[PDB]
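In this structure, volasertib is found bound to Bromodomain-containing protein 4.
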Amino acid sequence: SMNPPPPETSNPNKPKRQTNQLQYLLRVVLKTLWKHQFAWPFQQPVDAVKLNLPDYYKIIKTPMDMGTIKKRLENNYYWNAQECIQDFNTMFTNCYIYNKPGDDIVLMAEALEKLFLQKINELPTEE
Ligand SMILES: CC[C@@H]1C(=O)N(C)c2cnc(Nc3ccc(C(=O)N[C@H]4CC[C@H](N5CCN(CC6CC6)CC5)CC4)cc3OC)nc2N1C(C)C
């Protein structure tokens, strides 16, 4: 099996805007997670071919990763902060679907999610 194409990161047929929440999501949330020790498995789409995991995309039908999220933010792909937050949560949830609780990768994801939730609790105000 091939990899699927990666998630779309730009779309000129969607209106675009910058908001202080979206800016915060890039400059604080993404930045903070990205530089974490355990960020690396989540910085790009899962290359199931390289990892020789033919079952990964048989079960994960909404893949998501921070590389994609970062590009989406950089390309003003999101109109609402909640769209971006949903992408992070999808990424975490995917990990908790494919992998056994307590596995290495799950502990890693959990560490990131804790930091994620901490930064989101500090999200600035709408406008
Ligand atoms: C899939 C199931 C499960 C799961 O749920 N997730 C999310 C998951 C995700 N990922 C992995 N693995 C890997 C991930 C990544 C790599 C990599 O090579 N990463 C490299 C990417 C290129 C990097 N860079 C360095 C600087 N370059 C340019 C800068 C200098 C200018 C840019 C290029 C260096 C690091 C290797 C992996 O494994 C060998 N496993 C996963 N697991 C399991 C297998 C448990």
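Here the PDB entry sets the residue numbers for chain A, with the shown residues being 42-168 in order. If you're wondering, the header gives X-ray crystallography, 1.8 Å. Indexing begins at 1, ligand by ligand and atom by atom, following the structure's order.
- Taking every heavy atom under 4.0 Å from volasertib, one finds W81, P82, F83, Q85, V87, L92, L94, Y97, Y139, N140, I146.
- Closest protein heavy atom to atom 40 (N) of volasertib: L92 CD1, 3.9 Å.
- Per the entry, the species of origin for chain A is Homo sapiens.
- For atom 1 (C) of volasertib, a protein non-hydrogen atom is found at a distance below 4.0 Å.
- Counting residues of chain A in contact with volasertib, the top UniProt domain is Bromo 1.
- Counting protein heavy atoms under 4.0 angstrom from atom 20 (C) of volasertib gives zero.
- Under the 4.0 Å distance rule, the nearest protein heavy atom to atom 26 (C) of volasertib falls outside the cut-off.
- Close approach of volasertib to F83 is summarised as follows: ligand atoms under 4.0 Å from at least one heavy atom of the residue are 7 (C).
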